[PDB]
**Q** 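Below is one structure. I have some questions about it.
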Amino acid sequence: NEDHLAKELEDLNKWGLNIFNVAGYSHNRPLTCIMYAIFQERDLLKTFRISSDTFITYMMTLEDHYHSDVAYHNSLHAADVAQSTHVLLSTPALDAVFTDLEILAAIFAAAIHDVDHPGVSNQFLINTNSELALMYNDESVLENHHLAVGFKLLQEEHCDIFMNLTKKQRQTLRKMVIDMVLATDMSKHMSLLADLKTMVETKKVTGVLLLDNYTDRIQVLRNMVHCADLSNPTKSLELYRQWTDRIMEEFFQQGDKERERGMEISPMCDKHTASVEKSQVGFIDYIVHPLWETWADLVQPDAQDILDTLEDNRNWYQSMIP
Ligand SMILES: CCCc1nn(C)c2c(=O)[nH]c(-c3cc(S(=O)(=O)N4CCN(C)CC4)ccc3OCC)nc12
Ligand SMILES: [Mg+2]
Ligand SMILES: [Zn+2]
């Protein structure tokens with residue numbers, strides 16, 4: 001259970017990495033593990049002078065703030081999203097486009113984007129008057145929280161992995177990370193899809209994309225991490241079904257919490273009524289495919305592989321409904 005880990009890590013730069021396998025061969029530290037692997041592969045610890053033991057201790061601690069008892073939003077998902085972002089950042093069509101600071105930001109954001117997630121939605125927290133909804137005034141409650149926890153763990157010197165960055169670089173990195181994580185709030189999905197469509201319709205090239213200013217670059221990065229977040233169904237069917245099983249256990253866990261309390265249960269989180277299979281088809285047709293077809297458009301043909309699989313998996317789930 002150490003050579004197996006290195007064998008699985010050869011696919012670090014591939015969509016086909018199996019994060020459940022690395023979780024198993026890493027003594028259940030998939031996020032610490034994958035984040036160290038990625039930072040080395042990109043020479044980020046050297047480029048930004050991050051001490052290796054500082055990095056390990058931060059990551060072990062960030063990972064410890066992902067809850068083991070939530071089915072989906074644990075450190076396995078942060079790891080999956082970080083690694084998925086790492087791959088999209090290498091898409092040939094975006095080759096030389098982002099600074100190393102922008103690259104650092106995207107990967108760090110992916111790693112923290114769901115830290116301390118309680119396993120319930122923004123809507124539940126708001127309708128139960130939770131302390132978190134009061135803190136954040138019902139706006140992007142969880143996403144604001146995830147950013148707060150992530151940045152709060154940097155406050156201590158033994159853990160400030162951004163210590164040797166310029167003062168200006170910490171401000172831009174912080175502005176960028178805030179922007180990317182807030183962009184994972186699913187109630188911003190349509191707003192993000194619309195803007196991504198506008199950039200496809202006005203795209204320049206060389207065959208590498210032209211992004212004139214910051215507003216363009218961070219708008220791609222927001223959509224990248226959102227795509228990474230919502231990339232489960234574009235993975236090979238074996239992985240996608242494990243993710244489907246996790247997310248649905250979590251959602252049914254929440255509908256049970258809604259039933260215990262007499263509030264109305266949303267059809268999709270109802271374990272007595274809801275079809276797992278039909279809800280995945282709907283999830284794909286109305287959210288995931290519209291988004292990944294557009295991302296595919298922006299980077300074509302780099303993402304055509306992902307789009308075929310997405311479509312294949314979609315058809316597999318459709319033909320599992322009676
Ligand atoms: C119903 C789709 C189930 C599902 N499978 N997978 C793999 C995912 C996923 O990665 N994300 C989400 C997801 C969906 C919404 S949703 O907007 O489609 N939606 C809100 C209203 N409820 C009642 C249902 C879900 C909101 C947040 C999510 O995950 C955290 C980012 N759902 C699934
Ligand atoms: Mg989230
Ligand atoms: Zn997420």
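Each residue takes its place number in the sequence, starting with 1. Note that ligands are numbered from 1 as they come in the structure, with each ligand's atoms numbered from 1 the same way. All values below come from the heavy atoms of this structure, side chains included, with hydrogens, waters and symmetry mates left out.
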**Q** From the list iclepertin, sildenafil, lexibulin, ragaglitazar, give the drug seen at ligand 1.
**A** sildenafil
**Q** Write down the name, per UniProt, of the macromolecule bound to sildenafil with the most contacts.
**A** 3',5'-cyclic-AMP phosphodiesterase 4B
**Q** Heavy atom under 4.0 Å from sildenafil: found in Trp243's side chain, backbone, both, or neither?
**A** neither
**Q** Which UniProt-listed Mn(2+) binders in chain A sit within 4.0 Å of sildenafil (heavy-atom distance)?
**A** none
**Q** Using a strict cut-off of 4.0 Å, indicate which atoms of sildenafil neighbour a heavy atom of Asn232.
**A** 7 (C), 10 (O)
**Q** Between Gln123 and sildenafil, which residue portion shows a heavy-atom distance shorter than 4.0 Å: side chain, backbone, both, or neither?
**A** neither
**Q** Could you list the atoms of sildenafil found under 4.0 angstrom from a heavy atom of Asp229?
**A** 31 (C)
**Q** Is there a heavy atom of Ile287 sitting under 4.0 angstrom from any atom of sildenafil?
**A** yes
**Q** In terms of heavy-atom distance rounded to 1 Å, which UniProt active-site residue of chain A is nearest sildenafil, and what is the value?
**A** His73, 4 Å
**Q** Would you mind pulling out the UniProt AMP-binding residues of chain A that have any heavy atom less than 4.0 Å from sildenafil?
**A** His73, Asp229, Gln280, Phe283
**Q** Give the UniProt domain of chain A with the most residues touching sildenafil.
**A** PDEase
**Q** For sildenafil, does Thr184 get within less than 4.0 Å through its side chain, its backbone, both, or neither, judged by non-hydrogen atoms?
**A** neither
**Q** Atoms of sildenafil less than 4.0 Å from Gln280 heavy atoms?
**A** 2 (C), 3 (C), 4 (C), 5 (N)
**Q** Would you call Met248 a sildenafil contact, heavy-atom distance under 4.0 Å?
**A** yes
**Q** With atoms numbered from 1 as shown, which atoms in sildenafil lie under 4.0 angstrom from a non-hydrogen atom of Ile247?
**A** 4 (C), 5 (N), 6 (N), 8 (C), 33 (C)
**Q** What part of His189, side chain, backbone, both or neither, has a heavy atom within less than 4.0 angstrom of sildenafil?
**A** neither
**Q** Short list, please: which atoms of sildenafil are under 4.0 Å from a heavy atom of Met268?
**A** 1 (C)
**Q** Within the 4.0 Å heavy-atom shell around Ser266, which atoms of sildenafil are there?
**A** 23 (C)
**Q** Taking only non-hydrogen atoms of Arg246, do any sit less than 4.0 angstrom from sildenafil?
**A** no
**Q** Okay, next thing: residues with a heavy atom within 4.0 Å of sildenafil - which are they?
**A** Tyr72, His73, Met186, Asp229, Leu230, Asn232, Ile247, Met248, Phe251, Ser266, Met268, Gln280, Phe283, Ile287
